[PDB]
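Read through the structure below, which is laid out as structure tokens, and then see the notes.
Order of the sequence lines fixes the chain letters, A, B, ..., with proteins taken first and strands second; residue numbering starts at 1 for each chain. Each ligand, and each atom within it, is numbered from 1 in the order the structure gives. The deposited model was determined using X-ray crystallography, 2.5 Å. The figures that follow rest on heavy atoms only: side chains count, while hydrogens, waters and symmetry mates do not. We show just part of the entry here, counting contacts only within that part.
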Amino acid sequence: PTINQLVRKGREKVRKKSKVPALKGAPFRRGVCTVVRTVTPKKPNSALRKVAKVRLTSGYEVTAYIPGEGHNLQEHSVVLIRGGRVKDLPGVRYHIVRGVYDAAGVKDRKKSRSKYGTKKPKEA
Amino acid sequence: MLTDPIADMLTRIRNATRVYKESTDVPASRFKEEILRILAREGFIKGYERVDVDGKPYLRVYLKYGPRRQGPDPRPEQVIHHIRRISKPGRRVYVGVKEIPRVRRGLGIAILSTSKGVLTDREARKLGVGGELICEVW
RNA sequence: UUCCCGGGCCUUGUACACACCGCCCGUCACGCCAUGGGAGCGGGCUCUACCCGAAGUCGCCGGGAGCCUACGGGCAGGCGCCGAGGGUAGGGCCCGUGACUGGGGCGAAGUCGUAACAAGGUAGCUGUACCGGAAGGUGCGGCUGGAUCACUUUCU
RNA sequence: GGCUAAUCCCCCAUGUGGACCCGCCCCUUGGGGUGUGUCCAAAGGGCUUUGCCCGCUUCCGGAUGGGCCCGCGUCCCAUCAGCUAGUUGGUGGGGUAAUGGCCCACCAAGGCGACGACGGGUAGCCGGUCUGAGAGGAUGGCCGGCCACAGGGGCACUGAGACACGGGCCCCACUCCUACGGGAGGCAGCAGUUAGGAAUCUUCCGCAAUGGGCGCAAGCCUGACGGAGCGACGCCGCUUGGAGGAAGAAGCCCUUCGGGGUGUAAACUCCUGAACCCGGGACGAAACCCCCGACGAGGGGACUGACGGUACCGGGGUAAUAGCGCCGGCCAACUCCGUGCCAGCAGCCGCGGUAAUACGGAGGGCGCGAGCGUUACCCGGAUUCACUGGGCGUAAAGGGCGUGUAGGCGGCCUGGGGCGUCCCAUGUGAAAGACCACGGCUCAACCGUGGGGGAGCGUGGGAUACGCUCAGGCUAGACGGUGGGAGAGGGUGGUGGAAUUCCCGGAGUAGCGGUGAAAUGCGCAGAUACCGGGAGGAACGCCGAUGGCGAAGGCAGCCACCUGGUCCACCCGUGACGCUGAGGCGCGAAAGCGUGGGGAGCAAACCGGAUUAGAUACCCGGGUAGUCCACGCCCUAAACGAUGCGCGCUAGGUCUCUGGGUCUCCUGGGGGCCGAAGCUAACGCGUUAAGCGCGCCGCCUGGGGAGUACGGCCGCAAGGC
Ligand SMILES: NC[C@@H]1O[C@H](O[C@H]2[C@@H](O)[C@H](O[C@@H]3[C@@H](O)[C@H](N)C[C@H](N)[C@H]3O[C@H]3O[C@H](CO)[C@@H](O)[C@H](O)[C@H]3N)O[C@@H]2CO)[C@H](N)[C@@H](O)[C@@H]1O
Ligand SMILES: [K+]
Ligand SMILES: [K+]
Ligand SMILES: [K+]
Ligand SMILES: [K+]
Ligand SMILES: [K+]
Ligand SMILES: [K+]
Ligand SMILES: [K+]
Ligand SMILES: [K+]
Ligand SMILES: [K+]
Ligand SMILES: [K+]
Ligand SMILES: [K+]
Ligand SMILES: [K+]
Ligand SMILES: [K+]
Ligand SMILES: [K+]
Ligand SMILES: [K+]
Ligand SMILES: [K+]
Ligand SMILES: [K+]
Ligand SMILES: [K+]
Ligand SMILES: [K+]
Ligand SMILES: [K+]
Ligand SMILES: [K+]
Ligand SMILES: [K+]
Ligand SMILES: [K+]
Ligand SMILES: [K+]
Ligand SMILES: [K+]
Ligand SMILES: [K+]
Ligand SMILES: [K+]
Ligand SMILES: [K+]
Ligand SMILES: [K+]
Ligand SMILES: [K+]
Ligand SMILES: [K+]
Ligand SMILES: [K+]
Ligand SMILES: [K+]
Ligand SMILES: [K+]
Ligand SMILES: [K+]
Ligand SMILES: [K+]
Ligand SMILES: [K+]
Ligand SMILES: [K+]
Ligand SMILES: [Mg+2]
Ligand SMILES: [Mg+2]
Ligand SMILES: [Mg+2]
Ligand SMILES: [Mg+2]
Ligand SMILES: [Mg+2]
Ligand SMILES: [Mg+2]
Ligand SMILES: [Mg+2]
Ligand SMILES: [Mg+2]
Ligand SMILES: [Mg+2]
Ligand SMILES: [Mg+2]
Ligand SMILES: [Mg+2]
Ligand SMILES: [Mg+2]
Ligand SMILES: [Mg+2]
Ligand SMILES: [Mg+2]
Ligand SMILES: [Mg+2]
Ligand SMILES: [Mg+2]
Ligand SMILES: [Mg+2]
Ligand SMILES: [Mg+2]
Ligand SMILES: [Mg+2]
Ligand SMILES: [Mg+2]
Ligand SMILES: [Mg+2]
Ligand SMILES: [Mg+2]
Ligand SMILES: [Mg+2]
Ligand SMILES: [Mg+2]
Ligand SMILES: [Mg+2]
Ligand SMILES: [Mg+2]
Ligand SMILES: [Mg+2]
Ligand SMILES: [Mg+2]
Ligand SMILES: [Mg+2]
Ligand SMILES: [Mg+2]
Ligand SMILES: [Mg+2]
Ligand SMILES: [Mg+2]
Ligand SMILES: [Mg+2]
Ligand SMILES: [Mg+2]
Ligand SMILES: [Mg+2]
Ligand SMILES: [Mg+2]
Ligand SMILES: [Mg+2]
Ligand SMILES: [Mg+2]
Ligand SMILES: [Mg+2]
Ligand SMILES: [Mg+2]
Ligand SMILES: [Mg+2]
Ligand SMILES: [Mg+2]
Ligand SMILES: [Mg+2]
Ligand SMILES: [Mg+2]
Ligand SMILES: [Mg+2]
Ligand SMILES: [Mg+2]
Ligand SMILES: [Mg+2]
Ligand SMILES: [Mg+2]
Ligand SMILES: [Mg+2]
Ligand SMILES: [Mg+2]
Ligand SMILES: [Mg+2]
Ligand SMILES: [Mg+2]
Ligand SMILES: [Mg+2]
Ligand SMILES: [Mg+2]
Ligand SMILES: [Mg+2]
Ligand SMILES: [Mg+2]
Ligand SMILES: [Mg+2]
Ligand SMILES: [Mg+2]
Ligand SMILES: [Mg+2]
Ligand SMILES: [Mg+2]
Ligand SMILES: [Mg+2]
Ligand SMILES: [Mg+2]
Ligand SMILES: [Mg+2]
Ligand SMILES: [Mg+2]
Ligand SMILES: [Mg+2]
Ligand SMILES: [Mg+2]
Ligand SMILES: [Mg+2]
Ligand SMILES: [Mg+2]
Ligand SMILES: [Mg+2]
Ligand SMILES: [Mg+2]
Ligand SMILES: [Mg+2]
Ligand SMILES: [Mg+2]
Ligand SMILES: [Mg+2]
Ligand SMILES: [Mg+2]
Ligand SMILES: [Mg+2]
Ligand SMILES: [Mg+2]
Ligand SMILES: [Mg+2]
Ligand SMILES: [Mg+2]
Ligand SMILES: [Mg+2]
Ligand SMILES: [Mg+2]
Ligand SMILES: [Mg+2]
Ligand SMILES: [Mg+2]
Ligand SMILES: [Mg+2]
Ligand SMILES: [Mg+2]
Ligand SMILES: [Mg+2]
Ligand SMILES: [Mg+2]
Ligand SMILES: [Mg+2]
Ligand SMILES: [Mg+2]
Ligand SMILES: [Mg+2]
Ligand SMILES: [Mg+2]
Ligand SMILES: [Mg+2]
Ligand SMILES: [Mg+2]
Ligand SMILES: [Mg+2]
Ligand SMILES: [Mg+2]
Ligand SMILES: [Mg+2]
Ligand SMILES: [Mg+2]
Ligand SMILES: [Mg+2]
Ligand SMILES: [Mg+2]
Ligand SMILES: [Mg+2]
Ligand SMILES: [Mg+2]
Ligand SMILES: [Mg+2]
Ligand SMILES: [Mg+2]
Ligand SMILES: [Mg+2]
Ligand SMILES: [Mg+2]
Ligand SMILES: [Mg+2]
Ligand SMILES: [Mg+2]
Ligand SMILES: [Mg+2]
Ligand SMILES: [Mg+2]
Ligand SMILES: [Mg+2]
Ligand SMILES: [Mg+2]
Ligand SMILES: [Mg+2]
Ligand SMILES: [Mg+2]
Ligand SMILES: [Mg+2]
Ligand SMILES: [Mg+2]
Ligand SMILES: [Mg+2]
Ligand SMILES: [Mg+2]
Ligand SMILES: [Mg+2]
Ligand SMILES: [Mg+2]
Ligand SMILES: [Mg+2]
Ligand SMILES: [Mg+2]
């Protein structure tokens, strides 16, 4: 646009919108599991993925992926969620942190342990 | 009328040189003539001269180019590779001596207009003055 | 050599490219989700008018109604304006919930036809208008972003 | 109720002086001086006690601190456009340290707003901080400055200062006490508790140091501060060992079953020797005070350490923590087994459905290391809001067109001014931070000293090219004159012929019509085909185009009238009168709406006939709105060149419409085609630009959701923006 125009209207700054209304920007939010279903991935994939409807302290209710081999989340488990969607299950945008509160860590895990709350295998 | 006579001139020249014209006429004004002098002195044109096209004053601007060339497209290189207007009605640009630019690490020039007359970025830097940055040429 | 089947060369259109046994559209069914409208019932703000109005400064009185007095005046006390706040009537806005209700996004292999893409088999698109399970059909006008020179016939 | 001291309160005096009224002088807003009149002072205490100390009163000045005022700067939304009555100003008061509608009477009727008033949202601001090549973006924690607040609201008192966090009064909410009348309280001080949260510490030590309050001083007070404690939260430093060790143990992992890998890695050999144990043991602390001297300058002496028996120095001395992520591409690092679209991975692209370097494990490998990863958030890359630094023919993007307001922009010459612009000097730009240098802790982090910068703003001086402004001039832009021209440009009235339909007459007879084929339909009340007459509505064949006119939508028989635009010639007149144009106003195909009229043909809907698997279609026969006119609405479109308007510049060739000329040809305006240079992703564009440039407007910023919802405005409605 002409300079006169930029003088009259100027450029407009881009407002970046969140993908994680875990409110307070907060790195994590605590919640309680309502449901503890399983879901079908979209088109390219197929499997039974472990999700979990969660009622957050954030004053929110949303589905959150339950990573790892196997869990133990009933209908009243105290869980901590973090940002991180699951490209296959539209609608799931957070992950449960396996190793905090009720969601136990993964057992017999030996590689990416910290990412699955599994303490350093005892013994020598 | 023309909205910017100096840009009109800078272009008549830009155009003429792209089709290797001999000279090119531009309506006359003292200010325009003053710019040609720098243009001449720095060796971008062969010079110019007042003439009267029809009944009104113009300025034949004898252009200048390099030698014929080798391979496909023998057309000569340009003396004036680049000539661009900087200040413009609608957006005038003024600079302080400390802010005068340096066209192509010196291989080119900037023509400022100061209260000490029209000068190149050196004549200006030398006389320690700044002003309206008219254009750059290289 | 028009037709049916297979094929060759040139050209043209194409939204096709595991390449027409291609692509693809809308209704409906099933699931997940966010959301519009919304009677009523809660919560909040605000403005206008009238009314009640604490504290306090300020103003007037301070008198055979009080205390002090060197009679000048002071204090107590009283009244008044303003005044936080409250009330009533109405006006406007926001918020929660909400029976009922509208459509939308997303989700391998459910249903119906076949609208579009090749002249897509009635060229298409389009503004408008009426009509119809659905894509859509038809009228009027416009555009080219339309193929060649001049019965109908779905799907994969 | 009663007694009583003072540096408590009051009265008289003294008047250096100062305040107030009036006058005069200088000065210039209420500054300084002067005169008369009036008004206004005080406090004592201690002594090494008759000479000092501490203090008191009035005044002038300094210093520090502060009030008030002004210019400029300071986020988002115009789906917030009008706001305002103490409101805007005046006179006179009140109030204050002081100006002021700060407050109050009375008078005026003003003030503010697209340069964004008012409203809504959000938010302490700054030095700085993070990021970035920069411009810029984001940010305001620690530290330093300013502001505001001290449970919420209001108020004043005291005082140099407060409208007062640990002062007071009232209202409100809450907690506690209550013999129910009534009282008490406010950690956003330090530490701590509880709640909320993903998450943020010790109810520590000291007053030794620096700083503060009171005191003559001794000294007292100081959760300010100086320290220690907790937490890898960050930064920096450091350790888990060094040298020698096999053509290479075992175990484990691959294998071509030869062998290869972990790897000099280990065990071992020698060396040093973190931790730990002893001994010593600090700077920070010399003032205040006392003595001499004069209570000064100067000199002398004494006391004082929380940190801490810590730092550090010396002696002795053990070989003694390693983890985390990753290895399909981007991206550095590969093999076996397991699993079989499962379990699962996943930042994006994607991976897994039997031999997966992508899932899980193992071996090996890459990266980094007291850390490593993850999530969240800011800048970057992103020239992806483009000022530096982008775009709109077909990718998202030209407004449907005109007229025009504000605004932005402005041809040639001369002169004044000197606002912009530029230069010089000067002031300001705190400290910290940042940069450079030297220096102190063994280094560094950290810290000290010094130096160098700095935009912006104030002041003084100067320049005048460009911009601005004023004054004068010019004719190349624009406009006008005179004379010619072309045209489906617009409005009103009139009018012509062809055809369709209907009606009337004649003549004539069995069908016509329609389709792929049919049928519905029409016809013996005589249709179709043919001739003659009449009525009416709508549209204009040939000319006609590859043409013309218009700003667009659009405009087509012919005649007249009224009326717009435009081109050429002549250089005749004006003298920059110009371009663009947010908003405004007008115009705006078709369909559609309202009122009235008209209605031949055509034809949404609709009624039927066929077709089809069905056929709410395509084909056939009918047919209402409508299509037509008037007046008033609607305001859309593939409203298209999918290309905003204006001006200057940059080969030509060829066709054509309209004008002028010395009329093979030249020259002006318009319409096409091919093409120079150049531009373009390509296609293509190319003097009719999509080239090279300047001015101004409009518009774009991934797709779906959606031209939807909400709001506002407009409309009768449909519905438009
Ligand atoms: N999400 C698509 C949107 O809704 C419509 O599309 C919706 C339906 O028409 C469509 O339905 C399709 C159906 O068309 C097709 N013939 C068969 C198919 N099984 C259906 O599929 C649907 O349902 C199944 C479960 O039954 C889901 O697993 C699947 O993800 C979903 N797309 O699925 C869509 C919902 O996902 C519009 N036509 C489309 O243009 C629009 O973008
Ligand atoms: K034949
Ligand atoms: K739909
Ligand atoms: K009395
Ligand atoms: K295409
Ligand atoms: K008493
Ligand atoms: K006197
Ligand atoms: K003083
Ligand atoms: K002062
Ligand atoms: K001051
Ligand atoms: K006044
Ligand atoms: K820059
Ligand atoms: K900023
Ligand atoms: K800021
Ligand atoms: K800043
Ligand atoms: K003192
Ligand atoms: K001394
Ligand atoms: K030692
Ligand atoms: K060892
Ligand atoms: K296997
Ligand atoms: K496979
Ligand atoms: K692997
Ligand atoms: K793996
Ligand atoms: K970014
Ligand atoms: K458009
Ligand atoms: K419009
Ligand atoms: K001048
Ligand atoms: K910086
Ligand atoms: K200056
Ligand atoms: K034409
Ligand atoms: K109707
Ligand atoms: K009409
Ligand atoms: K109209
Ligand atoms: K002629
Ligand atoms: K090309
Ligand atoms: K083409
Ligand atoms: K609306
Ligand atoms: K209405
Ligand atoms: K409308
Ligand atoms: Mg898969
Ligand atoms: Mg993420
Ligand atoms: Mg992994
Ligand atoms: Mg064949
Ligand atoms: Mg063949
Ligand atoms: Mg052949
Ligand atoms: Mg071909
Ligand atoms: Mg072919
Ligand atoms: Mg609702
Ligand atoms: Mg009252
Ligand atoms: Mg009162
Ligand atoms: Mg009283
Ligand atoms: Mg009130
Ligand atoms: Mg169709
Ligand atoms: Mg079709
Ligand atoms: Mg079709
Ligand atoms: Mg087909
Ligand atoms: Mg058809
Ligand atoms: Mg078709
Ligand atoms: Mg087509
Ligand atoms: Mg249509
Ligand atoms: Mg129909
Ligand atoms: Mg049509
Ligand atoms: Mg088929
Ligand atoms: Mg008494
Ligand atoms: Mg006196
Ligand atoms: Mg005086
Ligand atoms: Mg006097
Ligand atoms: Mg007297
Ligand atoms: Mg006296
Ligand atoms: Mg004494
Ligand atoms: Mg006054
Ligand atoms: Mg006063
Ligand atoms: Mg006021
Ligand atoms: Mg008014
Ligand atoms: Mg705030
Ligand atoms: Mg950048
Ligand atoms: Mg930097
Ligand atoms: Mg910066
Ligand atoms: Mg601070
Ligand atoms: Mg509190
Ligand atoms: Mg005091
Ligand atoms: Mg106080
Ligand atoms: Mg205060
Ligand atoms: Mg307190
Ligand atoms: Mg908690
Ligand atoms: Mg102390
Ligand atoms: Mg002290
Ligand atoms: Mg070995
Ligand atoms: Mg070794
Ligand atoms: Mg030893
Ligand atoms: Mg002491
Ligand atoms: Mg003594
Ligand atoms: Mg002495
Ligand atoms: Mg001494
Ligand atoms: Mg690699
Ligand atoms: Mg198996
Ligand atoms: Mg499994
Ligand atoms: Mg395998
Ligand atoms: Mg590999
Ligand atoms: Mg990987
Ligand atoms: Mg950027
Ligand atoms: Mg730009
Ligand atoms: Mg772009
Ligand atoms: Mg487009
Ligand atoms: Mg246009
Ligand atoms: Mg105009
Ligand atoms: Mg104007
Ligand atoms: Mg000018
Ligand atoms: Mg101007
Ligand atoms: Mg100046
Ligand atoms: Mg300076
Ligand atoms: Mg500084
Ligand atoms: Mg050093
Ligand atoms: Mg320094
Ligand atoms: Mg400077
Ligand atoms: Mg100056
Ligand atoms: Mg001058
Ligand atoms: Mg001048
Ligand atoms: Mg003039
Ligand atoms: Mg004429
Ligand atoms: Mg006409
Ligand atoms: Mg007739
Ligand atoms: Mg008859
Ligand atoms: Mg007869
Ligand atoms: Mg019959
Ligand atoms: Mg008969
Ligand atoms: Mg009959
Ligand atoms: Mg007939
Ligand atoms: Mg007849
Ligand atoms: Mg009739
Ligand atoms: Mg035209
Ligand atoms: Mg047209
Ligand atoms: Mg005319
Ligand atoms: Mg003339
Ligand atoms: Mg003249
Ligand atoms: Mg219209
Ligand atoms: Mg119409
Ligand atoms: Mg009508
Ligand atoms: Mg009618
Ligand atoms: Mg009728
Ligand atoms: Mg018909
Ligand atoms: Mg049928
Ligand atoms: Mg029909
Ligand atoms: Mg068109
Ligand atoms: Mg040329
Ligand atoms: Mg031509
Ligand atoms: Mg031409
Ligand atoms: Mg021509
Ligand atoms: Mg044409
Ligand atoms: Mg070329
Ligand atoms: Mg190509
Ligand atoms: Mg061309
Ligand atoms: Mg041009
Ligand atoms: Mg738009
Ligand atoms: Mg979107
Ligand atoms: Mg999006
Ligand atoms: Mg969109
Ligand atoms: Mg619409
Ligand atoms: Mg209306």
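The drug located at ligand 1 is named paromomycin. Bound to paromomycin with the largest number of contacts is the chain that the PDB entry calls 16S rrna.
Other chains near paromomycin (heavy atoms under 4.0 Å), by letter: C. Residue and atom in covalent linkage with paromomycin: none. Residues contacting paromomycin within 4.0 Å (heavy-atom distance) are C:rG26, C:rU27, C:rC28, C:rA29, C:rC30, C:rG105, C:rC106, C:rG107, C:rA108, C:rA109, C:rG110, C:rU111.
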